[PDB]
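Structure note - acetazolamide present.
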Amino acid sequence: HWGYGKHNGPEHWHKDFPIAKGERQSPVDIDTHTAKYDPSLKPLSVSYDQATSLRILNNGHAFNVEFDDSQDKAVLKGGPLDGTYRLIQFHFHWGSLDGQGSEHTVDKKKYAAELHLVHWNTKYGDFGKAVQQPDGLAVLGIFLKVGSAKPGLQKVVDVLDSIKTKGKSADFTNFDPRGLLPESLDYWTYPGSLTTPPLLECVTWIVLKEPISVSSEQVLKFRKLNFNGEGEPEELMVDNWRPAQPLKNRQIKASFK
Ligand SMILES: CC(=O)Nc1nnc(S(N)(=O)=O)s1
Ligand SMILES: [Zn+2]
């Protein structure tokens, strides 16, 4: 089954998921000089004050923090979006070294990791229906660079020891995702896809310009997780990122000049 190894990594995915070679795949390189400023784009509206986190899970490819999405508690609106998108989970992609890890790149620059806050369009009723629609998901992408620690991330880092291996989960309540946002909400946006199988082309990507900084010690703890289940041979969970895909017939728009 698929993964990030030499024998099952992204270059192999198309054999089981032919849409991997599709017209609106993600991630992409953001060429800052070719992106188009669009004055018609609205500011993002992030309403996370009533967010209810439930659980943190190692699913064998990353760790996910899951939220209660049975009501409009944590929602994303505005920007390029029509309607209301509910937060369902966030996760990260990261590297084995500080010079790599992000999925998106900016003028070919890679960051140490990338945070994805995944939201689904409420008009489709559930997440499973949403992924079948071209406007079904909105994913907010935030870059991480190594520098000073991010206090708001430390609660996540401290629980990782309890979900070291695939399939382990832990109760993870009262986490406030607002502590993971940068100061500015300036963004680029383009139409794209999930970056893991099944690679469905259902995502409006919103990638923030401003990275957040985390400390070397914080990212080091991500790299101690395992792809494998308990009792299996240890494989460190690192480099769980898909390389940039061709832009083809898409334009990246910027909310700022
Ligand atoms: C269930 C779920 O959320 N699946 C996802 N697959 N890829 C995602 S990402 N890397 O594009 O945010 S989210
Ligand atoms: Zn992701």
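So for chain A, numbering is the PDB entry's, and the shown residues are 4-125, 127-261, in order. Worth knowing before you read on, the calculation uses all heavy atoms, side chains too, and leaves out hydrogens, waters and symmetry mates. Structure method, as recorded: X-ray crystallography, 1.7 Å. In listed order, ligands and their atoms are each counted from 1.
Within the model, the positions assigned to acetazolamide, copies included, correspond to ligand 1. In the deposited model, most contacts to acetazolamide (ligand 1) involve the chain that the PDB entry calls Carbonic anhydrase 2. With non-hydrogen distances under 4.0 Å, the site around acetazolamide (ligand 1) consists of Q92, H94, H96, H119, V121, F131, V143, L198, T199, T200, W209. Other ligands and ions with an atom less than 4.0 Å from acetazolamide (ligand 1), by number and name: ligand 2 (zinc ion).
Under a 4.0 Å criterion applied to the non-hydrogen atoms of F131, acetazolamide (ligand 1) contributes the atoms 1 (C), 2 (C), 3 (O). Under a heavy-atom cut-off of 4.0 Å from acetazolamide (ligand 1), the UniProt Zn(2+)-binding residues of chain A that qualify: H94, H96, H119.
Interface of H94 with acetazolamide (ligand 1), defined as ligand atoms under 4.0 Å from a residue heavy atom, comprises 9 (S), 10 (N), 12 (O), 13 (S).
The nearest UniProt-listed active-site residue of chain A with respect to acetazolamide (ligand 1), heavy-atom distance given to 1 Å, is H64, 9 Å. The entry's source annotation for chain A reads Homo sapiens.
Counting only heavy atoms of the protein, atom 3 (O) of acetazolamide (ligand 1) lies nearest to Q92 NE2, 3.1 Å. The protein atom (non-hydrogen) at minimum distance from atom 8 (C) of acetazolamide (ligand 1) is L198 CD2, 3.8 Å. Of all protein heavy atoms, the one lying nearest to atom 6 (N) of acetazolamide (ligand 1) is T200 OG1, 2.9 Å. Residues flagged by UniProt as binding substrate in chain A that sit under 4.0 Å from acetazolamide (ligand 1) (heavy atoms): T199, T200. Of the residues of chain A touching acetazolamide (ligand 1), most belong to the UniProt domain Alpha-carbonic anhydrase. Taking a cut-off of under 4.0 Å to the non-hydrogen atoms of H96, the atoms of acetazolamide (ligand 1) that pass are 10 (N).
Scanning the protein heavy atoms around atom 10 (N) of acetazolamide (ligand 1), the nearest turns out to be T199 OG1, 2.7 Å.
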